[PDB]
**Q** 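After the structure tokens below, expect a handful of questions from me.
Order of the sequence lines sets the chain letters (A, B, ...), proteins ahead of strands, with each chain counted from 1. Atoms within a ligand are numbered from 1 in the order they appear, just like the ligands themselves. Note that these values count all heavy atoms, side chains included, but never hydrogens, waters or copies made by symmetry.
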Amino acid sequence: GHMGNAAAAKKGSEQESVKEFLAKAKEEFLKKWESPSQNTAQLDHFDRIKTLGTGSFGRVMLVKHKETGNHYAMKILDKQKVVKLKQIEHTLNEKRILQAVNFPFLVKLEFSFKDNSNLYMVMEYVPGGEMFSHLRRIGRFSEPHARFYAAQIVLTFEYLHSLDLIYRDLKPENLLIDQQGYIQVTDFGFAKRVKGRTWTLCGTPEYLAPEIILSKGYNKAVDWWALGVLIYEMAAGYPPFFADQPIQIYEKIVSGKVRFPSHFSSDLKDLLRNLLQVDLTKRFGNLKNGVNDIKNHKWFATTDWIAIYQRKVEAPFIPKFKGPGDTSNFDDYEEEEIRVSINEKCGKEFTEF
Amino acid sequence: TXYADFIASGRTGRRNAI
Ligand SMILES: O=S(=O)(c1cccc2cnccc12)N1CCCNCC1
């Protein structure tokens with residue numbers, strides 16, 4: 001067979017230990033899920049420094065804790081705007097997930113609080129910026145470099161899925177690089193607790209699984225499809241399915257055809273054909289052996305999963321970092337006021353925050 | 001080339017959710 005006795009025993013033991021870890025992690029998650037933390041700091045504990053990001057998602061600001069000098073990334077949502085855009089449940093659920101999970105590649109929520117006008121999530125500052133920027137700048141990642149990142153996503157999805165959390169928002173724009181060169185996953189507005197199926201059309205065109213496009217009930221296998229898109233884009237510099245208009249992208253996704261650059265290794269192409277599998281009865285991550293079909297694939301043969309988890313692998317790339325407040329890996333945005341009204345807004349809607 | 005096709009798509013920048 002493919003493994004001798006020693007290798008098979010070692011692999012089996014490793015897989016059993018993962019089960020044991022995940023069972024403990026689920027116990028810890030559910031305690032925090034059932035009794036969320038609230039109101040652990042206030043706004044005047046922090047100096048506002050610079051806007052790190054802004055969009056439909058609100059704003060994210062670099063802030064500095066006045067007494068420790070620690071920098072943080074503070075997500076600010078306008079309560080009235082969240083209600084207008086019909087995002088109450090997503091906003092509450094994002095914060096509830098973030099205060100309950102614990103994993104080395106999931107961003108840490110250090111404080112949260114609210115005031116008359118806004119909701120605030122104070123997260124670790126991840127200074128290396130988006131993977132997106134580095135990928136477009138370098139062009140493409142070599143396969144070992146791509147694999148280093150991919151391994152962290154595999155472990156993070158293995159963790160999230162064991163909690164019955166589907167992620168649904170994977171793309172390089174939503175992965176940050178920390179000071180050690182490791183990945184941080186930050187955005188949980190599309191994440192949902194799903195033991196079985198769910199039906200919402202959400203995501204980004206290039207990363208949508210075919211069953212989402214086709215308006216099916218779907219499951220956590222959409223995240224393994226998206227991993228395939230991510231690995232392809234990291235290794236090629238462009239995603240597998242693209243076109244001028246989303247409808248043309250969707251036609252390609254559902255077609256069952258995917259084409260590869262000539263520099264892709266055969267191992268990589270085999271992994272990607274099994275992740276980018278339209279047929280759900282054949283897609284890696286959705287079969288009887290679950291995540292192990294991915295972790296045991298030839299393309300990951302050199303991956304020491306425990307060493308990645310322990311963050312003991314030397315990263316391929318360390319972003320430039322000139323001090324704890326450095327924002328050079330982020331873009332510049334127009335700086336807008338943080339207005340706090342004398343009157344409380346939408347109090348009932350956000351009692352749980 | 002596929003890279004040229006990628007540039008032609010106009011979707012080389014940050015992509016919004018649907
Ligand atoms: O970079 S962020 O502003 C950001 C968010 C959350 C925590 C962060 C921590 N450090 C830097 C930037 C952070 N960002 C906003 C949405 C777009 N995708 C990536 C996350």
**Q** Can you identify the drug molecule modeled at ligand 1?
**A** fasudil
**Q** Counting heavy-atom pairs under 4.5 Å, which macromolecule has the most such pairs with fasudil, as named in UniProt?
**A** cAMP-dependent protein kinase catalytic subunit alpha
**Q** Provide the letters of the other chains having heavy-atom distances to fasudil under 4.0 Å.
**A** A
**Q** Working on a figure here: which residues of other chains come under 4.0 Å of fasudil (heavy-atom distance)?
**A** A:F57, A:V60, A:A73, A:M123, A:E124, A:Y125, A:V126, A:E130, A:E173, A:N174, A:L176, A:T186, A:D187, A:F330
**Q** To which UniProt domain do the majority of residues of chain A contacting fasudil belong?
**A**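 Most sit in the UniProt domain Protein kinase.
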**Q** Closest UniProt active-site residue of chain A with respect to fasudil: which is it, and what is the heavy-atom distance to 1 Å?
**A**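 Closest UniProt active-site residue (heavy-atom distance): A:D169, 7 Å.
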**Q** Please give the species listed in the entry for chain A.
**A**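 The entry lists the source of chain A as Cricetulus griseus.
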**Q** Polar-atom distance check: A:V126 versus fasudil, any N or O pair below 3.5 Å?
**A**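 A:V126 vs fasudil: N/O contact under 3.5 Å present.
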**Q** For fasudil, find out whether one of its N or O atoms is nearer than 3.5 Å to an N or O atom of A:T186.
**A**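 No, A:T186 has no N/O under 3.5 Å of an N/O on fasudil.
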**Q** Less than 3.5 Å between some nitrogen or oxygen of A:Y125 and one of fasudil, yes or no?
**A**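 No, no N or O pair falls under 3.5 Å.
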**Q** Return the closest protein heavy atom for atom 19 (C) of fasudil as residue, atom name and distance.
**A**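 Here the closest protein heavy atom is A:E173 O, 3.3 Å.
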**Q** What protein heavy atom is closest to atom 1 (O) of fasudil, reported as residue, atom name and distance in Å?
**A** A:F330 CE2, 3.6 Å
**Q** Starting from atom 16 (C) of fasudil, locate the nearest protein heavy atom and write down its residue, its atom name and how far away it is, to 0.1 Å.
**A** A:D187 OD2, 3.7 Å
